[PDB]
Amino acid sequence: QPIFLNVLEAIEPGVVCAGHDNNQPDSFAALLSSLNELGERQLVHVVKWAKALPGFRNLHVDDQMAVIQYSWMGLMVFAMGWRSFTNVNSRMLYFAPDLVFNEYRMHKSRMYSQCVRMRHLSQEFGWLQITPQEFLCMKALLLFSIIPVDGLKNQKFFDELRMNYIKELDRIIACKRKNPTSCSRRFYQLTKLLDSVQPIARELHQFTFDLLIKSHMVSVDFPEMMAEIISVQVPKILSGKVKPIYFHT
Ligand SMILES: N[C@@H](Cc1cc(I)c(Oc2ccc(O)c(I)c2)c(I)c1)C(=O)O
Ligand SMILES: C[C@]12CCC(=O)C[C@@H]1CC[C@@H]1[C@@H]2CC[C@]2(C)[C@@H](O)CC[C@@H]12
């Protein structure tokens, strides 16, 4: 495989447990608290993963933290969808080996509709027969799919880096598409899939935001990093100061 592909497959984070006590009844407080703890843990891996991405360190240090704090949601949801597809054939949401959501939990989580959309996204991997290489390249591009309206500290470098990752995706598609009427069609399908992630991410952004505000009333715990990011970064997205980068209108 090319060097780019070797790197993506090599830095891909391993299994991460949520530390949820399945010995406890499925309550809203317990379920969401574990989801937050999982988010905190995953965030650590995302940071290491990102800094290990080709050219990422070329971005200004401040922009490195910015893009991560804005796209972590989309990145995790996309990865979760892939796990769910690969582990339980998208039958359930495989957040973590110790935190698998079934119908009952989807309802109990008080975000059934959102879970439904994530399951659909999960199924898309199967319907479109997404390859492991395509998944990796798409997930990397998600790290560069949401920035502030006023641009980053160094938009030049970000725009160049994003472009290079979009090109890498093309090669992965053109490195097997022997059919002349499937190559271009494939890029269309993948870009559409990538876009369908943002709408889902925004719904979770609004949901987690509201949950944090009334977290003390519903007995839901938010880790240090999660609480800080959801109250400082997320609001910028919900207020329209930070918007996702769509391929299609
Ligand atoms: N295509 C290559 C890997 C390859 C991947 C990427 I993302 C590239 O983007 C940049 C641009 C400016 C930089 O400072 C850095 I660091 C990286 C380049 I240049 C090459 C391979 O497969 O070996
Ligand atoms: C990103 C996580 C945790 C990591 C993952 O696999 C995807 C999943 C999507 C729902 C998120 C959850 C983290 C905690 C959140 C943000 C809850 O507060 C509400 C929505 C939850």
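For chain A, we keep the numbers from the PDB entry: what you see runs 670-918, in order. Numbering of ligands and ligand atoms starts at 1, following listing order.
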K.L.:
Please tell me which drug sits at ligand 1.
P.N.:
liothyronine
K.L.:
Could you check which drug is at ligand 2 for me?
P.N.:
dihydrotestosterone
K.L.:
I keep wondering which chain grabs liothyronine the most here. What name does UniProt give it?
P.N.:
Androgen receptor
K.L.:
State the UniProt domain of chain A containing the majority of residues contacting liothyronine.
P.N.:
NR LBD
K.L.:
One residue to check: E829. Relative to liothyronine, which of side chain, backbone, both or neither has a non-hydrogen atom less than 4.0 Å away?
P.N.:
side chain
K.L.:
Would you kindly specify which portion of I672 sits under 4.0 Å from liothyronine, judged on non-hydrogen atoms: side chain, backbone, both or neither?
P.N.:
both
K.L.:
Under a 4.0 angstrom heavy-atom cut-off, which atoms of liothyronine come close to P671?
P.N.:
22 (O)
K.L.:
Short N/O distance, under 3.5 Å, between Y834 and liothyronine?
P.N.:
no
K.L.:
For liothyronine, is any non-hydrogen atom under 4.0 Å from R831's backbone (N, CA, C, O), its side chain (CB onward), both, or neither?
P.N.:
neither
K.L.:
Enumerate the atoms of liothyronine whose separation from the nearest heavy atom of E837 is less than 4.0 angstrom.
P.N.:
1 (N)
K.L.:
Extract the source organism field for chain A from the entry.
P.N.:
Homo sapiens
K.L.:
What is the overlap between the 17beta-hydroxy-5alpha-androstan-3-one-binding residues UniProt gives for chain A and the residues having a heavy atom closer than 4.0 Å to liothyronine?
P.N.:
none
K.L.:
Pull out every atom of liothyronine sitting under 4.0 Å from any heavy atom of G724, numbered as shown with elements.
P.N.:
15 (C), 16 (I)
K.L.:
Mind listing the residues near liothyronine? I'm using heavy atoms under 4.0 Å.
P.N.:
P671, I672, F673, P723, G724, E829, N833, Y834, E837, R840
